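Overview of a structure with estriol.
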Amino acid sequence: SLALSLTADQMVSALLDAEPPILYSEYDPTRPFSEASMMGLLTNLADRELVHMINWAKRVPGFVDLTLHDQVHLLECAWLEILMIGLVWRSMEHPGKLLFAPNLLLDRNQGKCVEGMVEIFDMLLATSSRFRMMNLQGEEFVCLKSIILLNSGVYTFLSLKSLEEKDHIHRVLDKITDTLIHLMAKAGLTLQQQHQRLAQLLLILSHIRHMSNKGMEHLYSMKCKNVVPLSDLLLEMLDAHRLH
Amino acid sequence: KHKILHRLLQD
Ligand SMILES: C[C@]12CC[C@@H]3c4ccc(O)cc4CC[C@H]3[C@@H]1C[C@@H](O)[C@@H]2O
Ligand SMILES: [Cl-]
Ligand SMILES: [Cl-]
Ligand SMILES: [Cl-]
Ligand SMILES: [Cl-]
């Protein structure tokens, strides 16, 4: 139960150390965009990030204390939300653009290359705009990302000791909550402002969930149309949502 | 023990 005995500062340190690297896309500027190639680039990248994400998850305090089957469920539920919040964060400093990778920066018109995608882009762009308005800090972002991992899936658990097991997840979520407040208190926010920013931050997660739900149906539509061949991990990740 | 994700979580 080491995760429940961390100070806020140690919690923050642990999450910062855990952060995965920023990967490059296989984008070739000498290749003219098509629906297939764009979806090819995005899925290839996402497929490479999933591996790093799995390794990041193991470093989130509390996560390794769960059973393997719990760990699988949380990740199956959250993976696209986690990709999206990382994207939105990377993009905060590039208005009107999404920084999928440092060599792959797309605007909304380039999203129109893929059927149904531009509406997802617009929401992702809107979320980064909100992050920029709020002046979201890196220490707040790594708390939010971990909250997404632990929260998405915590209530859809199929079930024993399930109850007792979930109790541990809620204790960690509470620790992350304390850590956020700690951060905000340290930055000089009054009590009132602390509760207000905490709520604003957590209310963004609702939108991130909605975007993930929409993105998931879009990905599934791409698979069905055979637009791009999807990797076996990404397929498994997608199929876990049991769409149509 | 058959899912790819399960395998990668085990390493
Ligand atoms: C799933 C997705 C391709 C991969 C994208 C993707 C790829 C890498 C990454 O780091 C983040 C994202 C977030 C957006 C993802 C797209 C949303 C859908 O409209 C589309 O099918
Ligand atoms: Cl890579
Ligand atoms: Cl085309
Ligand atoms: Cl338009
Ligand atoms: Cl005060």
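Each chain is given a letter, A onward, matching its sequence line's place in the list. Using the PDB entry numbers, chain A covers 305-463, 466-550, in order. Here the PDB entry sets the residue numbers for chain B, with the shown residues being 686-696 in order. Looking at the header, which is where the method is noted, we find X-ray crystallography, 2.0 Å. Read the numbers this way: they start at 1 and go in the same order the structure lists the ligands and their atoms. Hydrogens, waters and symmetry mates are skipped; everything else that's a heavy atom, side chains included, is used.
- The ligands or chains that make up estriol in this structure: ligand 1.
- Structurally, the main neighbour of estriol (ligand 1) is the chain that UniProt identifies as Estrogen receptor.
- Other chains whose heavy atoms approach estriol (ligand 1) within less than 4.0 Å: A.
- The protein reaches atom 20 (C) of estriol (ligand 1) closely, with a heavy atom under 4.0 angstrom from it.
- For estriol (ligand 1), the UniProt domain of chain A with the most contacting residues is NR LBD.
- When each atom of estriol (ligand 1) is checked for a heavy atom of A/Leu346 under 4.0 Å away, the hits are 3 (C), 4 (C), 7 (C).
- Contacts between A/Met343 and estriol (ligand 1), counted as non-hydrogen atom pairs separated by less than 4.0 Å, involve the side chain only.
- By the deposit information, the source of chain A is Homo sapiens.
- The protein heavy atom nearest to atom 5 (C) of estriol (ligand 1) is A/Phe404 CE2, 4.1 Å.
- Of the candidates A/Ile389, A/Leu387, A/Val418, A/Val392, the one placing a heavy atom closest to atom 11 (C) of estriol (ligand 1) is A/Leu387.
- Looking at A/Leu349, A/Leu384, A/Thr347 and measuring to atom 15 (C) of estriol (ligand 1), the nearest heavy atom belongs to A/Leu384.
- Nearest protein heavy-atom neighbour of atom 10 (O) of estriol (ligand 1): A/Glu353 OE1, 2.4 Å.
- Not close to estriol (ligand 1): A/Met517, with no non-hydrogen atom less than 4.0 angstrom away.
- In summary, the atoms of estriol (ligand 1) found under 4.0 Å from a heavy atom of A/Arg394, numbered by their order in the structure, are 10 (O).
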In a simple table, one pair per line, please give the protein and estriol (ligand 1) atom names for every N or O pair closer than 3.5 Å, along with the distance.
from: estriol (ligand 1); atom 1: 10 (O); to: A/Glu353; atom 2: OE1; distance (Å): 2.4
from: estriol (ligand 1); atom 1: 10 (O); to: A/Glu353; atom 2: OE2; distance (Å): 3.0
from: estriol (ligand 1); atom 1: 10 (O); to: A/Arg394; atom 2: NH2; distance (Å): 3.1
from: estriol (ligand 1); atom 1: 19 (O); to: A/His524; atom 2: ND1; distance (Å): 3.1
from: estriol (ligand 1); atom 1: 21 (O); to: A/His524; atom 2: ND1; distance (Å): 3.2

